[PDB]
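A structure with pramocaine.
The numbering of chain A matches the PDB entry: 1-109, 115-162, in order. Quick note: numbers below take in every heavy atom, side chains included, and nothing from hydrogens, waters or symmetry partners. Each ligand, and each atom within it, is numbered from 1 in the order the structure gives.
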Amino acid sequence: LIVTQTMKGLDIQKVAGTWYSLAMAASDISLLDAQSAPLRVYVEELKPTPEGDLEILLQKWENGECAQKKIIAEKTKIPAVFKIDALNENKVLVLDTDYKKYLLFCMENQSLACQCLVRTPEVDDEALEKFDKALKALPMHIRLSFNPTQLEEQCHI
Ligand SMILES: CCCCOc1ccc(OCCCN2CCOCC2)cc1
């Protein structure tokens, strides 16, 4: 109950496939500051299951290397809200998407990280505008964005 933008009418099957973390923001600098920061994660692909859960492939920098991760976000009664199982209850919210170009999401435990996902390794000014508007509300204190060259590299090097 801190992020209160969600996507009405979300069809989670339609988010399947390839995505690029074009921009990210968080409530605390420490959540994204170093390469190995806990929530500096780079999304690779979204794989919605038949039962409506959402499997997520990503990379993360750990121990001086770009590690692959696979995680599962389980559906809830709200179609735009999913839960991930770590030792704390942390939920994922889909704020807005057009399926074909962009998707905005936040994860929250208050600790909060949001990303602007895009389908192609290109700077979508309009997707970034909608991301910044969705965020102007929220209490973000660090924001990163990535150029096309970085978006084609593992962990955005
Ligand atoms: C529409 C769904 C977009 C994908 O949302 C998420 C992307 C990455 C996430 O990762 C959260 C942190 C994952 N852990 C980082 C530390 O290593 C273990 C995995 C969570 C949701």
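- In the deposited model, the macromolecule with the most close contacts to pramocaine (ligand 1) is named by UniProt as Beta-lactoglobulin.
- The site surrounding pramocaine (ligand 1), defined by heavy atoms under 4.0 Å, contains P38, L39, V41, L54, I56, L58, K60, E62, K69, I71, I84, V92, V94, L103, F105, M107.
- Of all the atoms in pramocaine (ligand 1), the ones that sit under 4.0 Å from a non-hydrogen atom of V41 are 8 (C).
- For atom 14 (N) of pramocaine (ligand 1), no protein heavy-atom neighbour is found at a distance under 4.0 Å.
- Heavy-atom proximity to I84, at under 4.0 Å, picks out these atoms of pramocaine (ligand 1): 20 (C), 21 (C).
- The contact set between pramocaine (ligand 1) and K69, taken as ligand atoms under 4.0 Å from a residue heavy atom, comprises 17 (O), 18 (C).
- For atom 11 (C) of pramocaine (ligand 1), the closest non-hydrogen atom on the protein side is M107 SD, 3.6 Å.
- The deposit lists the origin of chain A as Bos taurus.
- Closest to atom 4 (C) of pramocaine (ligand 1) among all protein heavy atoms lies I56 CD1, 3.6 Å.
- Scanning the protein heavy atoms around atom 9 (C) of pramocaine (ligand 1), the nearest turns out to be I71 CD1, 3.5 Å.
- Of the protein's heavy atoms, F105 CZ, 3.7 Å lies nearest to atom 7 (C) of pramocaine (ligand 1).
- Of the protein's heavy atoms, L39 CD2, 4.0 Å lies nearest to atom 12 (C) of pramocaine (ligand 1).
- For atom 16 (C) of pramocaine (ligand 1), the closest non-hydrogen atom on the protein side is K60 CD, 3.7 Å.
- Numbered from 1 in the order shown, with element, the atoms of pramocaine (ligand 1) that lie under 4.0 Å from a heavy atom of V92 read 2 (C), 21 (C).
- Pramocaine (ligand 1) places these atoms under 4.0 Å from at least one heavy atom of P38: 15 (C).
- Close contacts between pramocaine (ligand 1) and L54 involve ligand atoms 1 (C), 2 (C) [criterion: under 4.0 Å to a heavy atom].
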